[PDB]
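Before any comments, here is the structure.
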Number of protein chains: 2
Amino acid sequence: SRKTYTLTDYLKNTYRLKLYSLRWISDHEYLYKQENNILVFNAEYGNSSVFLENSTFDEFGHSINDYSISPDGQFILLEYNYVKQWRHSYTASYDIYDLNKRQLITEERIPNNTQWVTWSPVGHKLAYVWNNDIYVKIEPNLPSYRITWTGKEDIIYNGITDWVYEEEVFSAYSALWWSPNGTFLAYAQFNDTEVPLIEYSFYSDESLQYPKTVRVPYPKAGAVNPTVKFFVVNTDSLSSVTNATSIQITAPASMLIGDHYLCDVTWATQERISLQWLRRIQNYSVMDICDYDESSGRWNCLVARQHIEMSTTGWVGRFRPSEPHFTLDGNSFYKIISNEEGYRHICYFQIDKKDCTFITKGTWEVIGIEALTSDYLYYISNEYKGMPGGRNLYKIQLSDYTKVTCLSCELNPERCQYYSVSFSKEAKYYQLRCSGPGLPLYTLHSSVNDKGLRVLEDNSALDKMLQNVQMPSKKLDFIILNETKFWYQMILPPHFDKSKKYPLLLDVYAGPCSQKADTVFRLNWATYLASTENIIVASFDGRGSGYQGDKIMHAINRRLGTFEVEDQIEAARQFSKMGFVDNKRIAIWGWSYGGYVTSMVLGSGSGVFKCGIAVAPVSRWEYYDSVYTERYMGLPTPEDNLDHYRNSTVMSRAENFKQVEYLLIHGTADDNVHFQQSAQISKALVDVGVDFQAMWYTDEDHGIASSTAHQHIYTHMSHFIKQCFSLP
Amino acid sequence: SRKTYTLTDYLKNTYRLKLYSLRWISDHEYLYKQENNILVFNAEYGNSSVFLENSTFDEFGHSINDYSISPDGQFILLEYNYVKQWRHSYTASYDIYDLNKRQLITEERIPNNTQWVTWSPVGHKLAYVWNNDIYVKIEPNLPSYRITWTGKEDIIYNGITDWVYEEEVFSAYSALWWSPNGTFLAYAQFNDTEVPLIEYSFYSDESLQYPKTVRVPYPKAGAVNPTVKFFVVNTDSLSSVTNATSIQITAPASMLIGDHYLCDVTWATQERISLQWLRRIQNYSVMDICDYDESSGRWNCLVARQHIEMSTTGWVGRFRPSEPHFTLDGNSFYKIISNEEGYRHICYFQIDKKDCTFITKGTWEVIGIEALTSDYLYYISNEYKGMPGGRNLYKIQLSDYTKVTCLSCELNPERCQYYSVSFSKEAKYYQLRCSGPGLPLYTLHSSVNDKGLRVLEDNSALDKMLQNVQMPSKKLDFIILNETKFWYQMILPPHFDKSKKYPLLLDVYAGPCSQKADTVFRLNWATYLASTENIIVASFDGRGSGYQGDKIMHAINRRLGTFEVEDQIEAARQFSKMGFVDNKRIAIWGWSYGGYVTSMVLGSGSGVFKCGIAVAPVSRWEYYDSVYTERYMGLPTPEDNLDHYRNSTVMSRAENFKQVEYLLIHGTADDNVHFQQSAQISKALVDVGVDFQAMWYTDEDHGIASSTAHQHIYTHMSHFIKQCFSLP
Ligand SMILES: Cc1cc2ncc(C(=O)NCC(C)(C)NCC(=O)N3CCC[C@H]3C#N)cn2n1
Ligand SMILES: Cc1cc2ncc(C(=O)NCC(C)(C)NCC(=O)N3CCC[C@H]3C#N)cn2n1
Ligand SMILES: CC(=O)N[C@@H]1[C@@H](O)[C@H](O)[C@@H](CO)O[C@H]1O
Ligand SMILES: *[C@@H]1O[C@H](CO)[C@@H](O)[C@H](O)[C@H]1NC(C)=O
Ligand SMILES: *[C@@H]1O[C@H](CO)[C@@H](O)[C@H](O)[C@H]1NC(C)=O
Ligand SMILES: *[C@@H]1O[C@H](CO)[C@@H](O)[C@H](O)[C@H]1NC(C)=O
Ligand SMILES: *[C@@H]1O[C@H](CO)[C@@H](O)[C@H](O)[C@H]1NC(C)=O
Ligand SMILES: *[C@@H]1O[C@H](CO)[C@@H](O)[C@H](O)[C@H]1NC(C)=O
Ligand SMILES: *[C@@H]1O[C@H](CO)[C@@H](O)[C@H](O)[C@H]1NC(C)=O
Ligand SMILES: *[C@@H]1O[C@H](CO)[C@@H](O)[C@H](O)[C@H]1NC(C)=O
Ligand SMILES: *[C@@H]1O[C@H](CO)[C@@H](O)[C@H](O)[C@H]1NC(C)=O
Ligand SMILES: *[C@@H]1O[C@H](CO)[C@@H](O)[C@H](O)[C@H]1NC(C)=O
Ligand SMILES: *[C@@H]1O[C@H](CO)[C@@H](O)[C@H](O)[C@H]1NC(C)=O
Ligand SMILES: *[C@@H]1O[C@H](CO)[C@@H](O)[C@H](O)[C@H]1NC(C)=O
Ligand SMILES: *[C@@H]1O[C@H](CO)[C@@H](O)[C@H](O)[C@H]1NC(C)=O
């Protein structure tokens, strides 16, 4: 066809995927960003109208980052001056705008540097965090009622997470949860007094004469963790001339014996809070159901209705214990739980009753409970066809658990095998979101019929463009390594010939609960390596991987660095048993956990790999964070699992790296997997005679995310792959 | 047959130069280590006696780092437990041993972690620094007096230097100076209170979980400097119940007007100190000459005894104002001053007189004054043959300044063109120390007659070893740019011929006062590049270089990054004009200042250089230290020289590096030229799109000089020059 997908197209984004990201604002209405105008669309009858003329700029002159409308409709927040912190955390400035008047509130403004803002779910109350303390505005033009006073930089956090709870427990900076009608404000406080700092240099722009040492409370494996308290405040009874009153609700006594984590907060009703707790050995978990009591102000959590969850073989959850989806009445909930057969399935709990009824079953897993109605529960799963790498929407009839209906399986079954869903409020309308194996398809539905109303974006211009390109295909299949299936994918070059020997990259992540063999569509680096340079970029899911039952996933418990690494050698070995793969040209690469896994493969002495690349790798598990590492490994005490902590290091395999070419990459401002880890790889290689290639990225974080640095890292890695595979 | 000088032979140190490391202890005797038996030798007659046996000090329990015999012979310091700090500084443990008995001094011992130790010049007194304070010890067994109390880590340095005084002022961790007979002890005090810290990480062993942040008071260009005060204690009047009085000698009013340094301390007489100060703009210096009185104990410095040394065109000194050489009576002195013509020569000063009288002149420079008797002043110079990178010993009859006589020129004129000298006490004997261009040759001589007594070491065993190895030859010659001779050296391959086109490396330092073209013999990395791989390694001293007058040296004044860069490029243009060099295979490399000029050459755009390697380079003069930088640059203020601080960065040349292959190298614990400096080069290259090779070194300093990291850096660089020059 004359043309390929080049590296320049990946880095500059020539061939664009169009998304259809909408925010629901009611039970029937949503917002979309059509050009620079924000339109509201009525999802029943189809019609739309312009809500924001004046764009993305003009209301003060500032380029706006977000447009959060209050749920009653009367007000709007304009977010400006975004300053990224870590993965979810940021600071910004916040002007509140009156929509019934069309004018700015210059009375009692939210101060710049604000860490978090959230409207109450009803009305127009605000709660915001600023300087580690919570603030509450009853009206947006009236003074803030301050609510905590204990906040201090790097030490006490009220209403926002610390480093490790952000990245590793909640997946979020926020630690405010409102009651559904707006009355109570629940919040968690974190305490980082005795937690040790990672210290790293930051060089800044050229004019900064002395480097800044950036210092971050960060527990690594075995270290002193943070501590957690949990509170509730009533907002309707805040005194205008006295202090707020925050009633603590203490964690259950089976948690207070050790170090523990608060891992979930979901309000069941206006007067009921569900709270999951996790022991530091993350295989024992306790939910409290905590009702208010109007005669005392307090929160009682009767131990009878608390629900225990545990693991005798791994850890509770996929990363954390799963979220309960309550029924409206308060008195029951559904929750994803691993069953007796090993597989993760929906389970119905009744508030004062032990155990659960499994409402789903089989050799496959539920991914998430998406929406709960009077008569249906909607869920995504990988059930369809026996493929653990596809996603489809389902609905269980709650009066007859045998009446499950797939709502997305058959809509376009060759093009669309990987769905997600965004439901409106009360679940009246649902936007399906296909994302492979053909081009992303975005469609709107009503829940009454399951009939489709409109097609929101079909990716037509993306299609028409890509018919010029010699595009690669994806094989998706399995290999039976015992009796059990293990899944894989291959991006194969265009014009692929089974009687020709191609070079073979493994893309690797490989960590606990990962998935790399999937039906998703991607325009990435691997698309350039197959399209232009004729490399098969394959990828394997082995022992330790997710979405397939705990006999696969929990294979790696107390044993990181072993079977996820060894089955990746077996995957390359197996692909080279097939006769379209060159034996003399087999690279391996990953980022992060895959950087780690790549280095352990390179240092195993297998013979199979000529070269590899490790970007921002872990190298030794005592250098990475406590919450993640000890979830799988235990504690690095010799009463526990110190022997495997020490036996699983990249450093202790340094000797075998002279059999291989090696590129090591890392960002010097990595707040996540610190530059330490790569500094310890490189020193071990130096101390044993091996030669390798290195590349630091000055000031770049864990994602190596800057536009110039992203262009550079992939250009450098391309030249490494091409020299290794003998390509001009 | 014949083998070749390989990289393995360089690294493992196969062909070893024997030196002759003697140490004078009298006017007629020296000590020399043989087998860890230290022997004393008699100079005239040549006989020896074993003074310390190798088997003695096994019972001690430790491997000894140094021996230091007292000037009366009654004692010895045994230094052990060496722990390097910076270039000259260290911490140690010290036992004293009695040589009239044969036992250790058991009580009143020098503490552990002592920073510096020195005997008085006559006798057996001990001044030591520990915890930043001076302690005096009149007899080895008696309790130590405590001279100072103000000592404080990182802040107050009594009798030792802070960072910048160690590196750039004294070349020495020491800041004690005894009087010749031992009655007085003088000291500097540095005050680093407001000097900004520089911060960097230290990762340490694999077992260290959090990286430590090293912090060092370090004044960068323009930043607040340390201050200085100067003191003298009479150590024959220390009270056993009260503190020692320390009389402070104050600097001249013409130094106290702004910032300044104390740059030389020389005792002239038993009651006469010479002190030499330098303004922060280092083109003005004042020598005070301060006499004691027994009338009060004050030290009065007469202004009718001050001598001013200015510079009209650059800075005072080669690196600092030169050391004075007092005659015995103390009333007159000789020092190396720049004459009217710009060339450095010996000037005879008389104390009360203003002017000086030149004792030498010509088109060459005096390197050092090495001895002063009543009849002769002995000096090293480059006069011989017109060669600015040769060295020879001279003597200058003080009764007749035209009766100059070269003591070393004609000894072995083909083998020996680079000398140094060590005289005995009172200058009765001298060791000459030839360094090339043949194998090093060590000889002893008598001063009364200039008769050679013996050969001490001749490197006979190395010469036998090298007859079976194909060694490279060395050309040392000159080009003529703008009517001036500028010298170069070429290390030419074995069996070299005029007809082939050889690839050319260009080794560089290039800094102010440097000399990379000389007559000294070396077995180095360049010897392997010539021997095995057939690479001409070349070197050139352009403008800015020393030894050739101030018309060449002060060309670079205020102007670093300018003519020294231009002239390494023009030297490589010129070397291509000779027909034996491949102009598609020029490369460039240096270390430190040489990595700065490598970088400024590689980013010039000249077309000459295909590749190069900057190791631990400067990149911006505001990141390097104040004392060095501002010597040649002024202050980085817009009232001074800011504009040229900004024009002369590597970063502002980043876009042009797209034309050249590039390897940037740096060790992360470099306390001298910080890892900051390469980290801002790489940011600049990234933010502009240019690929480059990188290499870091975890915990290596400015030297990159561990056994493992020395093997690894030179192996990695060897790969880069081979693959650039297309060599297998
Ligand atoms: C699809 C899905 C669902 C889900 N639910 C939770 C998380 C989650 O908690 N993610 C945080 C995580 C990225 C694992 N933090 C650790 C981290 O960053 N690590 C670990 C070692 C290497 C390095 C990397 N990369 C991720 N998903 N994804
Ligand atoms: C021949 C000779 C004799 C001598 N006596 C003293 C000094 C001296 O004190 N020199 C300053 C020095 C120790 C090199 N510090 C500066 C330094 O290390 N720099 C400067 C920028 C790059 C980096 C390097 N390399 C130099 N000489 N030379
Ligand atoms: C910071 C803090 O709360 N420290 C408490 C202190 O108040 C108490 O007096 C002491 C002895 O009982 O115990 C500490 O843990
Ligand atoms: C849609 O049309 C009806 C009026 O017939 C009404 O709901 C509203 O004006 C329109 N809504 C939107 C979002 O455009
Ligand atoms: C911060 O708030 C101030 C009010 O103090 C406002 O004038 C300004 O626009 C805000 N943003 C910045 C970047 O200062
Ligand atoms: C934070 O925790 C430390 C113990 O790590 C304790 O001393 C301090 O009192 C706590 N502060 C608050 C506000 O809870
Ligand atoms: C509220 O209490 C805090 C102590 O937690 C105190 O510092 C503050 O003065 C009180 N505020 C008011 C308005 O009384
Ligand atoms: C919200 O529910 C609470 C809890 O019972 C009740 O106190 C309050 O009256 C309700 N408020 C609103 C606005 O509905
Ligand atoms: C949790 O894991 C540990 C470590 O493998 C094990 O000893 C313990 O029995 C497990 N189960 C519970 C409920 O603690
Ligand atoms: C050298 O020999 C003479 C004569 O025996 C002796 O007096 C002198 O001490 C000896 N010196 C040494 C260092 O052995
Ligand atoms: C210094 O301490 C070491 C122990 O590290 C000990 O062996 C030695 O005897 C001590 N030396 C002195 C002079 O106190
Ligand atoms: C050191 O200097 C600081 C000013 O930076 C001053 O406060 C202190 O007194 C001085 N200390 C000594 C021992 O001179
Ligand atoms: C000075 O000496 C007295 C004893 O006379 C002693 O107490 C004091 O420590 C010394 N001075 C200082 C500043 O330490
Ligand atoms: C050293 O010279 C000084 C100054 O003249 C005098 O006070 C002292 O007596 C002399 N000491 C010795 C040991 O010669
Ligand atoms: C020192 O250098 C400055 C800066 O170039 C120059 O203006 C001045 O004349 C010199 N000052 C002295 C005291 O020689």
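Chain letters: A, B, ..., in sequence-line order. Following the PDB entry, chain A shows residues 39-766, kept in their order. Going by the PDB entry, the residues shown for chain B are 39-766, listed in order. Determined by X-ray crystallography, 2.8 Å, according to the entry header. Numbering of ligands and ligand atoms starts at 1, following listing order.
Drug at ligand 1: anagliptin.
Measured by close contacts, the chief partner of anagliptin (ligand 1) is listed under UniProt as Dipeptidyl peptidase 4 soluble form. Going by heavy atoms, the other chains that come closer than 4.0 Å to anagliptin (ligand 1) are A. With the cut-off at 4.0 Å and only heavy atoms counted, the binding site of anagliptin (ligand 1) comes to A:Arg125, A:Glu205, A:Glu206, A:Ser209, A:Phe357, A:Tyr547, A:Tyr585, A:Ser630, A:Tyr631, A:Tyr662, A:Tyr666, A:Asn710, A:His740. In the deposited model, no covalent adduct of anagliptin (ligand 1) forms with a chain.
Using UniProt active-site annotations for chain A, the residue nearest to anagliptin (ligand 1) and its heavy-atom distance (rounded to 1 Å) are A:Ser630, 3 Å. The entry's source annotation for chain A reads Homo sapiens.
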